[PDB]
Amino acid sequence: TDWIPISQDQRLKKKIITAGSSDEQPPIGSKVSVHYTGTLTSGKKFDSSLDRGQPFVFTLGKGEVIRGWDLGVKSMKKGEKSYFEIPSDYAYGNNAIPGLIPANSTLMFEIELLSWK
Ligand SMILES: C=CC[C@@H]1/C=C(\C)C[C@H](C)C[C@H](OC)[C@H]2O[C@@](O)(C(=O)C(=O)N3CCCC[C@H]3C(=O)O[C@H](/C(C)=C/[C@@H]3CC[C@@H](O)[C@H](OC)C3)[C@H](C)[C@@H](O)CC1=O)[C@H](C)C[C@@H]2OC
């Protein structure tokens, strides 16, 4: 599978690992449920929703997650599992997460869109 650009500058992109069960996409304002695993561009894992044994839930389009996630999940179909490359300016930018993510880090995310309400 190939990288598919999500943004106009083609820097936010995804790889479809598993195609969705239908062509439904979540509307703005949906409470979306996902599985995810985050890694650095070295492959090292820094977090995964599986580590807490339940899906991760956030409201789409509200801006409570990093820009790459709002734009990325909005492009996904129900049931789709994709692999995202999120540049720093689509994530935490020049900020660092203590002990986990250095400043100006590209983030790799494996996201599976389970459902939404
Ligand atoms: C009350 C506070 C704690 C509250 C924590 C939770 C509900 C639990 C939830 C599973 C987060 C994880 O906690 C185990 C943990 O997930 C990471 O490890 C991670 O994988 C990540 O990157 N995620 C989480 C999954 C969605 C994308 C992204 C995100 O957008 O996360 C959001 C994020 C950090 C946004 C910042 C907010 C500040 C802005 O300035 C910045 O803008 C540049 C963007 C998270 C969801 C926030 O909305 C909510 C919180 O912070 C972060 C690396 C650090 C984060 O712990 C803090």
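Numbering, chain A: per the PDB entry, residues 3-119 in sequence. As a basis for the values below, the full set of heavy atoms in this structure was taken, side chains included, without hydrogen atoms, waters or symmetry mates. Both counts, for ligands and for their atoms, begin at 1 and track the order of listing.
Sitting at ligand 1 is the drug tacrolimus. Bound to tacrolimus with the largest number of contacts is the chain that the PDB entry calls Peptidylprolyl isomerase.
The residues lying within 4.0 Å of tacrolimus, counted on heavy atoms, are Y38, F48, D49, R54, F58, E66, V67, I68, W71, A93, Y94, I103, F111. By the definition of a contact as any protein heavy atom under 4.0 Å away, atom 3 (C) of tacrolimus is not in contact. When only non-hydrogen protein atoms are considered, atom 35 (C) of tacrolimus lies nearest to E66 O, 4.0 Å. Distances from atom 42 (O) of tacrolimus to the protein include no heavy-atom value under 4.0 Å.
Protein heavy atom in closest approach to atom 34 (C) of tacrolimus: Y94 OH, 3.3 Å. Under the 4.0 angstrom criterion, atom 29 (C) of tacrolimus counts as having a protein heavy-atom contact. The protein reaches atom 46 (C) of tacrolimus closely, with a heavy atom under 4.0 angstrom from it. Residue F48 has at least one heavy-atom neighbour below 4.0 Å for each of these atoms of tacrolimus: 20 (O). When each atom of tacrolimus is checked for a heavy atom of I103 under 4.0 Å away, the hits are 53 (C). Protein non-hydrogen atoms do reach within 4.0 Å of atom 22 (O) of tacrolimus. Annotation for tacrolimus: atoms under 4.0 Å from non-hydrogen atoms of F58 are 9 (C), 10 (C), 25 (C), 26 (C), 46 (C). For atom 53 (C) of tacrolimus, the nearest protein heavy atom lies under 4.0 Å away. Proximity of atom 56 (O) of tacrolimus to the protein is not indicated, since no non-hydrogen protein atom lies closer than 4.0 angstrom. For atom 11 (C) of tacrolimus, the closest non-hydrogen atom on the protein side is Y38 OH, 4.6 Å. Residue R54 places no N or O, backbone or side chain, under 3.5 Å from any N or O of tacrolimus. Near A93, meaning under 4.0 Å from one of its heavy atoms, tacrolimus places the atoms 43 (C).
The presence of a protein heavy atom under 4.0 Å from atom 17 (C) of tacrolimus is confirmed. Protein heavy atom closest to atom 13 (O) of tacrolimus, with residue, atom name and distance, is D49 OD2, 4.6 Å.
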